[PDB]
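Structure of lanreotide in complex with Somatostatin receptor type 2.
Just so it is clear: chains get the letters A, B, ... in the order the sequence lines come, proteins before strands, and each one is counted from 1. Modified residues are written as the parent amino acid, or X, and their further atoms are left out when contacts are counted. Because only heavy atoms are used, hydrogens play no part in the values below, and waters and symmetry mates are left out as well, while side chains stay in.
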Amino acid sequence: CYXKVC
Amino acid sequence: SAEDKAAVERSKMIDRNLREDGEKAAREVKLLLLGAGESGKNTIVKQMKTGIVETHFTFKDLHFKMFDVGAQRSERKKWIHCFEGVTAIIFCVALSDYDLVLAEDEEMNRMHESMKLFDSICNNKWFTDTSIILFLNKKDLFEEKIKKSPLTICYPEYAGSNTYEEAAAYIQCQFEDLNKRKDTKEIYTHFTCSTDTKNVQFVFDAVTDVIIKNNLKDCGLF
Amino acid sequence: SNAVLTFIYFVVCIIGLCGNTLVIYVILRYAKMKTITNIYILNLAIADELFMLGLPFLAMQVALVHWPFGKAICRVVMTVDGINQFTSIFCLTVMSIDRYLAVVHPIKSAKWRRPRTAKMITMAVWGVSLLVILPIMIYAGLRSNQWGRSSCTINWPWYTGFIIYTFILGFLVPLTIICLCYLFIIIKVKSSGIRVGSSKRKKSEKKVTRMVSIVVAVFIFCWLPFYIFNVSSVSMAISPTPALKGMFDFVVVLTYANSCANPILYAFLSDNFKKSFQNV
Amino acid sequence: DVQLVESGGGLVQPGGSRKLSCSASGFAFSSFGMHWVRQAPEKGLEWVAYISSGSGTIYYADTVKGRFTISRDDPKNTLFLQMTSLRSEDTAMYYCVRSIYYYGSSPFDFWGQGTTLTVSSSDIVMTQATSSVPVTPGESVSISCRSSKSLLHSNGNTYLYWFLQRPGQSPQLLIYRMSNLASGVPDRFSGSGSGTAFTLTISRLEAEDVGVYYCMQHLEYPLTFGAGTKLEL
Amino acid sequence: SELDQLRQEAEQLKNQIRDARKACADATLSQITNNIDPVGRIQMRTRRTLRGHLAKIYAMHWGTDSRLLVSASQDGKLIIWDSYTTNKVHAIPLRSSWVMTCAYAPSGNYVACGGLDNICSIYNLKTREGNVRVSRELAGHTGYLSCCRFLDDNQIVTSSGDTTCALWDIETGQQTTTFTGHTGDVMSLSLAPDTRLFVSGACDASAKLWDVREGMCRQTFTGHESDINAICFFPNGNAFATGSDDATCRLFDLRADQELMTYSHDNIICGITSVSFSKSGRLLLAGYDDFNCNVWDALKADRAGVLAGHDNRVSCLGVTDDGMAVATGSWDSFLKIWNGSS
Amino acid sequence: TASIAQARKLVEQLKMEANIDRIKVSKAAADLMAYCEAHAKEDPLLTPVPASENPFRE
């Protein structure tokens, strides 16, 4: 996860 | 066409001058000036300076237009809607007309005729949200009258006390009780000074507070 | 554990895409157009509408981990959820400067408050955001890191300080401005009716300070734990818990609830728009 | 009343420059479009340039477009024309024409007295094929000219303009837009026609109705003149 | 002594006219017009939308060419419009903002306006210069001005709130006649087709047909409960419809001398601000303050249209001289031009 | 004699308005519907014209 999804 | 392109080109020179004049006239403060007649309206115009007499007295970076409809001996309900979008309403009431009778029919003595007019200006459907500035005009003249005669010929249910500062607990609170729209207006009240500051500074201070609370109703916060 | 996780993304996209349609329905038709606070709440409603249109494209990626064609779809749908997400927090930091210029400077504003210089600001925020998301514009990054099933978040060549950039420009530049441009509104609604000529209706400051502490409590509840989860991701690595697939995916969609509240909060309190919506 | 008077020029060596100014006084010059029109010796008139009111629309004559420069200044109430790289066809008396365009106005009505410039060395054509007519006072005169394109427009009017230049005088609008009489003209003149061929009629000739009777179009730019139709006594 | 017998002598002449009136009221006109065709749902559409006023529009008036029109508004502007292309021919700045009326001269050379300043200002459109300037100001009224109407380039008639109408000579600048019969504020005029009479409704709910050359009230028309806000003449010249704050309008007659048809509706409890007739005299158009101009089939007393495009009250409206258009300026600062499609 | 002159000014006004030679309304109002059917063709709002002659084309 980084920005908007993991 | 060629000439029809220069008529279109002219109409948007008309248009950008109706827009330039109309954004220089939304920055102006419009103020009705009502009252009972010989009630000190002529005094405060001389401070703040045949049909309408539009007095323009732009004084502290804010351009005021004051419209004295004094000599409009006609039905007030037929031309009062012209002043619907108006910032405040300056209303003068003579304090010395407490026991002084009116010259019409020897009715209730010339301040129940002012209070009858205030109830017709507060609760008027065009003035649902135009907050009225109140002036109490003849402050010096009734103090010499309240020592001679008590405040019972006008208000027989008063307390008494024959005092200069007592009548604020009689006269001012009686007029602010006529405000039936106690949630949408404010009835900013004053005692008309004889100095150059404290009778037009109040008109500037209490019309900014109309402007601030007009923006908070415009910017959602109210 | 993505049972209610995939459902809540399309359950907030219904109220969001319909909420900001209700604002443009009452401004593009029953216009003000010269009340310049009604071209900002229009422009915020455009931004919170376009930022909701990229929410169903990200909604399936938590159920179907394999993403659609990242050459074009995942290469630009995070460019549509980058411009419309950085104007739907920049339309409401210029609408909150707009409220500062009215309520505390109601004389010196009107030389720079006419409805032509507001159209030169309300498009100047639409252009600044595309000059801000320029990292996301080129580095779309179709990635297949965990268990295959190629998805689309980012692939940068630095990398650690991009969440600093989305936070020091998308959470501490608006919230510093908004809290200053709303604390100064408190110190003149409780001062013009206090120091200068004053009535007994100075109780109305308690009306202003109630509906103005909402707008930061709504704003900080929908943006702060999103960046708080990301700074733990740039920190020492936590364990990949299956609750972290349930508590990061729920805080991502919490950021799309701020853009659901601005048709409720910034528009449907304003009495000129409330009386417009009551009629229409 | 209304008065346009222009300055500048008279004698210049070829290949040079000259600044023609036109001082306006008596009317609302910031609300008028302004032309320049020239007239070479023993020739007809020829349109030079244009500014719309408010300086929004500038045209030029396609003969010398890019060589001349037309400019106005409303607080000074003058009208400038900068003419550079002066040729030999530029030798003409230059007029200052007043013109206002709204619904129902009379364009091209007030012409200045003029200034002269001498040196030392597609679009519509208006044709007045008659050059001169011998005529005796009292009879009905009928002057006619032809256009190339149809002058009638789809909005409804017919942009043909008439002008009289008396000997030793300035042009004077008689009929604007093919039918309508100008202000202060005698009622004897009348204009008519249909589409491409028109006829100016006078009913009674007088001693000041002698002169050369030009016809202009205004349908699209250039405002092309024709060679004139002389009436002598 | 005798003043209370002249109190009885006054009503002695009033009940005599009452029995002379219901005798000649032999049949109501709606039971003769039972057989005529109702015009159907008149549907008009805002072809043009003339925008550029920035406050309430208080009066408009068409030119005689049916193409130019003047509108007055509370922002102190008098705008001449080309109604064909929505492009403004002139915008005239007024000396007082509080303007309640405006008129176009039948030659189109002149435009008048007036209002709370008790002056009908006359403006010259077709100057030898470029501008529009003030020809004459007509001072001599005591109350506000309600309606100016030109007879020609040199004679205008004005009503006022001092209960007096007045005929003027614009050249000398002073009123040749003064018409004093009303007791309330006169609120509207309409000149006759032949311009040899006019009729004026007042705040005392009375209407009074005058004579411009004699100078006295021919007939006096009652029938309303509240103030009359709007007169226009029928195209015949022998009728006029009064529009009241009573939320009603009624049609009159000079040769019959009583009300004939009253156009009301029980859902309409809002007062009429303007009245105008159509070219056939078949569409009374009236601008109410439930924000929408209604369009009254004037022969049948059943509303046959509505021009509901206005966001505030419809203060002014006028049908052209060829029956072709209709403007309805209103308090939402727009004039909308209405023409029904086939 | 000022308030008597109010009643003076209305008596000869009411009797010069009393001798008006008026006709009953069954001919005086049926001539107003007789105005309309003689002018019902050229009223462009009572009957919409063909749109090629309409100068107001949106």
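- In this structure, every copy of lanreotide sits at chain A.
- Other chains reaching under 4.5 Å from lanreotide with at least one heavy atom: C.
- Residues of other chains with a heavy atom under 4.5 Å from lanreotide: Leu58(C), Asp81(C), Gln85(C), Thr153(C), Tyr159(C), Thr160(C), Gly161(C), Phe162(C), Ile163(C), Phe226(C), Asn230(C), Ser233(C), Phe248(C), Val252(C), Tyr256(C).
- Listed by chain and number, residues of lanreotide with a heavy atom within 4.5 Å of chain C are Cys1(A), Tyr2(A), Unk3(A), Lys4(A), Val5(A), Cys6(A).
- Segments near lanreotide: of the UniProt transmembrane segments of chain C, counted from the N terminus, those with a heavy atom under 4.5 Å are 2, 3, 5, 6, 7.
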